[PDB]
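By convention here, the chains are lettered A, B, ... following the listed order of sequence lines. So for chain A, numbering is the PDB entry's, and the shown residues are 1-99, in order. Going by the PDB entry, the residues shown for chain B are 1-99, listed in order. One-based numbering, in listed order, for ligands and for the atoms of each.
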Number of protein chains: 2
Amino acid sequence: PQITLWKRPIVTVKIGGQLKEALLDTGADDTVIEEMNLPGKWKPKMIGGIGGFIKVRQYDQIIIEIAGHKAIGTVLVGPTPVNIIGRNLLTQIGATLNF
Amino acid sequence: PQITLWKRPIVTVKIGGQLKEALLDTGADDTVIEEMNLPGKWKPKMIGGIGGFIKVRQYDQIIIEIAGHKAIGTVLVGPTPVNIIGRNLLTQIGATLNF
Ligand SMILES: COC(=O)N[C@H](C(=O)N[C@@H](Cc1ccccc1)[C@@H](O)CN(Cc1ccc(-c2ccccn2)cc1)NC(=O)[C@@H](NC(=O)OC)C(C)(C)C)C(C)(C)C
């Protein structure tokens, strides 16, 4: 599909058995999902955005479907204001920026 | 151009006549550039992201060239971690996400 940027590029994703809305974000190295009680082992991480760093839990090998496209990779879980799909997963669904 | 996302989508821009590197950022509402001297009138603004909010100078109707493509719009100048081109200018250069 093609997504214009007149509005936030938000699509439905499936993760951990739940559907969520998430922002397709070329400016994000990582994928950051709002607090959810995901199963399994995780690793402490801190990630930096415009205003500073936040603490998140790093889950690896997480299955995530993005707008119908299956992917698997690292998902960070923590107190983010918005669900963010980052380049680590955007590459897996073959996304590009075009102009 | 078509730009893939294995690396950060950084391009060269020209603002105030000065060359800078900037991140093409579909997850940013606004364009935010590192502190610099910029010709034009400005007013105080605050913007937020991961980590919270920062104070910026809002410059309106600023001429900026992005990878050879012309835009004239709002540029926020402040202590951003990296130079960011947001949707307000991405739409001007006709950028879309595709997969
Ligand atoms: C290498 O670090 C990163 O990649 N950091 C990423 C990051 O912060 N991405 C930023 C760009 C960036 C890159 C490197 C250092 C600092 C900033 C954006 O791609 C995503 N971020 C993610 C984000 C998007 C929306 C919101 C939000 C909050 C309340 C209501 C609506 N939206 C908060 C954070 N967007 C914003 O912060 C934008 N915010 C915005 O458009 O606000 C409306 C700005 C920029 C215009 C301030 C993540 C933490 C998400 C992984």
Find the chain in most contact with ligand 1 and give its name from the PDB entry. pol protein
Drug name at ligand 1? atazanavir
What other chains contribute a heavy atom less than 4.0 Å from an atom of atazanavir (ligand 1)? A, B
Which residues lie close to atazanavir (ligand 1), i.e. with a heavy atom under 4.0 Å? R8(A), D25(A), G27(A), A28(A), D29(A), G48(A), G49(A), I50(A), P81(A), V82(A), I84(A), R8(B), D25(B), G27(B), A28(B), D29(B), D30(B), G48(B), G49(B), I50(B), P81(B), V82(B), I84(B)
Proximal atazanavir (ligand 1) atoms for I50(B), defined as those under 4.0 Å from one of its heavy atoms: 34 (C), 49 (C)
With a cut-off of 4.0 Å, which atoms of atazanavir (ligand 1) are near a heavy atom of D25(B)? 10 (C), 11 (C), 18 (C), 19 (O)
Suppose I only count heavy atoms of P81(A) and a 4.0 Å limit; which atoms of atazanavir (ligand 1) are within that range? 28 (C), 33 (C)
Atom 21 (N) of atazanavir (ligand 1): which protein heavy atom is closest, and how many Å away? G27(B) O, 3.9 Å
Which atoms of atazanavir (ligand 1) sit under 4.0 Å from any heavy atom of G48(B)? 37 (O), 38 (C), 39 (N), 40 (C), 42 (O), 47 (C)
What species name appears in the entry as the source of chain A? Human immunodeficiency virus 1
Looking at atom 50 (C) of atazanavir (ligand 1), what's its closest protein heavy atom, distance included? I84(A) CD1, 3.4 Å
List the closest protein heavy-atom neighbour of atom 27 (C) of atazanavir (ligand 1): residue, atom name, distance to the nearest 0.1 Å. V82(A) CG1, 3.6 Å
Please state which protein non-hydrogen atom is closest to atom 8 (O) of atazanavir (ligand 1) and give its distance, to 0.1 Å? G49(A) CA, 3.1 Å
Which residue and atom name correspond to the protein heavy atom nearest atom 31 (C) of atazanavir (ligand 1), and how close is it? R8(A) NH1, 3.3 Å
